[PDB]
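Below is one structure, written out as structure tokens; the observations come after it.
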Amino acid sequence: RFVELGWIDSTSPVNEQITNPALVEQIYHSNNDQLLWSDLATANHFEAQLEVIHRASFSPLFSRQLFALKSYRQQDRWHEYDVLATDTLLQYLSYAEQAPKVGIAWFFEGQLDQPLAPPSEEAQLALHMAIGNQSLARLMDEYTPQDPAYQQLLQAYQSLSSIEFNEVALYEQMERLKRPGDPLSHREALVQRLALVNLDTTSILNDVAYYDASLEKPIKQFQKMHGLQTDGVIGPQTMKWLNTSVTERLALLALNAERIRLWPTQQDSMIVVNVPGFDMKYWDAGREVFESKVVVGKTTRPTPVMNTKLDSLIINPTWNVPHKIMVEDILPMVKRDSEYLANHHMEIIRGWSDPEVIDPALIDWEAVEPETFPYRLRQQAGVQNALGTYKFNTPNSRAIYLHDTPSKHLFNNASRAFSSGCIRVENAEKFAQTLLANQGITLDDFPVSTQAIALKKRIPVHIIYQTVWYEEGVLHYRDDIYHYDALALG
Ligand SMILES: *C(=O)[C@@H]([C@@H]1N=C(C(=O)O)[C@@H](S[C@@H]2CN[C@@H](C(=O)N(C)C)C2)[C@@H]1C)[C@@H](C)O
């Protein structure tokens, strides 16, 4: 009924499957009712690009279209294929344009289940042109992030895609742990599985019945690759990653490539925190000037994906204990431990406006119900302050900022989801120094007390969620700390 095309019949399912009949009609008329997709290499390139979106499991919309396309192809229904491909490429183009704007909706909040708006005029133009110059492939590639980050993940996806269904024995072992020097049953499976992730297995010795030196370094860099303690020990966490299928790895790659559409371009001066990587990097004038491990929010108080700017830096910050924390977390502990306040250098304050220190002794602690308790808590400046020596002020509606910690031992863990959402920074001192250097700010000597310092040039802070990324020659994988890789894996 609905698609007014001469060479498509009325009862074809394409009439219901198509999103923008109007715009498809126009394109086909402008090209004298000719097929855009009769070149195989071109259809295959576009089916490949939709497999990616399929595996990433974030768009039932594109999955529907791909199944339908793949179904028209198996039956040699090349007229129906042609028109549905054209409609689906319009969607791909809306998708390419909209993700950086509003893609947070599809990858974190909800999903791309409903047809997108048509693409911009600029895009419809580029398409018309591509149709005439027989360069649809170039058009699709042009509408992928021109980011080496993207292309490195796609390169790896393409390699692994080539060997998806090569069966490879599951790596097994007798005991839950297995240390250098122990007997080793399944050496073949283990080495095959180190190879899957393109670790160099060439120097590993053959048919040695034990976990020898030749295996230590490959195992330790497989561990590093997966952000695990490089202890050399084949335990459950190692085996989880060793024994992941190529299907599972391609899904991780797919999701993480598509996620790079969200991440806001790249700036010369910029700060990136990768949550599941529990790390962060400060670029300034094209240069990586600083990197550091961080602690991010716990699963229950997660660090959200967001973009803000670093406005100012506080040296020797006092910590104004927010209400929610005082009421639930702190007052009930001072109600029992009558030494809490003094140990944590935490003084009682009339109000944030009226900063009068009240001695804890002037208070009927039996009498206090935390919910209604009328004064406020303020931790004095110091090394043992919850914010340590440095607060990094990133003002935003969610009250998330970067700060030093006194609990520097927590950086020793592989998995660093301990905070109430804020981001604790190892080597805050160096971070402070490089910021001030690159702002053209000097300090005649280190301040006695609390010092606010506004940045001349505010830096964008991007907090991303990236479970796969390319860095110094190699592809890193990380556990799905906050469960957003959920659908990709099954
Ligand atoms: C940021 O997360 C909040 C602020 N920053 C820190 C932090 O990095 O965790 C917390 S302090 C810590 C978590 N809850 C407190 C607690 O459990 N007790 C028993 C005192 C200590 C702090 C809440 C916030 C400003 O957004």
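Residue numbers count from 1 along this sequence. Indexing begins at 1, ligand by ligand and atom by atom, following the structure's order. Reckoned from all heavy atoms, side chains included, excluding hydrogens, waters and symmetry mates.
The drug located at ligand 1 is named meropenem (bound form). Counting heavy-atom pairs under 4.5 Å, the chain with the largest count for meropenem (bound form) is, by its name in the PDB entry, L,D-transpeptidase YcbB.
The side chain of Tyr401, and not its backbone, has at least one atom closer than 4.0 Å to an atom of meropenem (bound form) (non-hydrogen atoms only; side chain from C-beta on).
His344 does not count as a contact of meropenem (bound form), since none of its heavy atoms falls under 4.0 Å from the ligand.
For atom 12 (C) of meropenem (bound form), the nearest non-hydrogen atom of the protein is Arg424 NH2, 4.2 Å. Of the polar atoms of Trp319, none of the N or O atoms is found under 3.5 Å from an N or O of meropenem (bound form), judged by distance alone. Among all protein heavy atoms, the one lying closest to atom 8 (O) of meropenem (bound form) is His403 NE2, 2.7 Å. Counting protein heavy atoms only, atom 19 (C) of meropenem (bound form) is closest to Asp329 CB, 4.2 Å. In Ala399, the part holding a heavy atom less than 4.0 Å from any atom of meropenem (bound form) is the backbone.
For the residues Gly388, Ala386, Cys422, the heavy atom positioned nearest atom 26 (O) of meropenem (bound form) is part of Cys422.
Proximity of atom 21 (C) of meropenem (bound form) to the protein is not indicated, since no non-hydrogen protein atom lies closer than 4.0 angstrom. Here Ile330 has side-chain heavy atoms under 4.0 Å from meropenem (bound form), and that is the only part of it that gets that close. Looking at the model, one finds a covalent bond between meropenem (bound form) and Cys422 SG.
Among all protein heavy atoms, the one lying closest to atom 10 (C) of meropenem (bound form) is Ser420 OG, 4.1 Å. Heavy atoms within 4.0 Å of meropenem (bound form) belong to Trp319, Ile325, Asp329, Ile330, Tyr340, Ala399, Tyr401, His403, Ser419, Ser420, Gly421, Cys422, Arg424.
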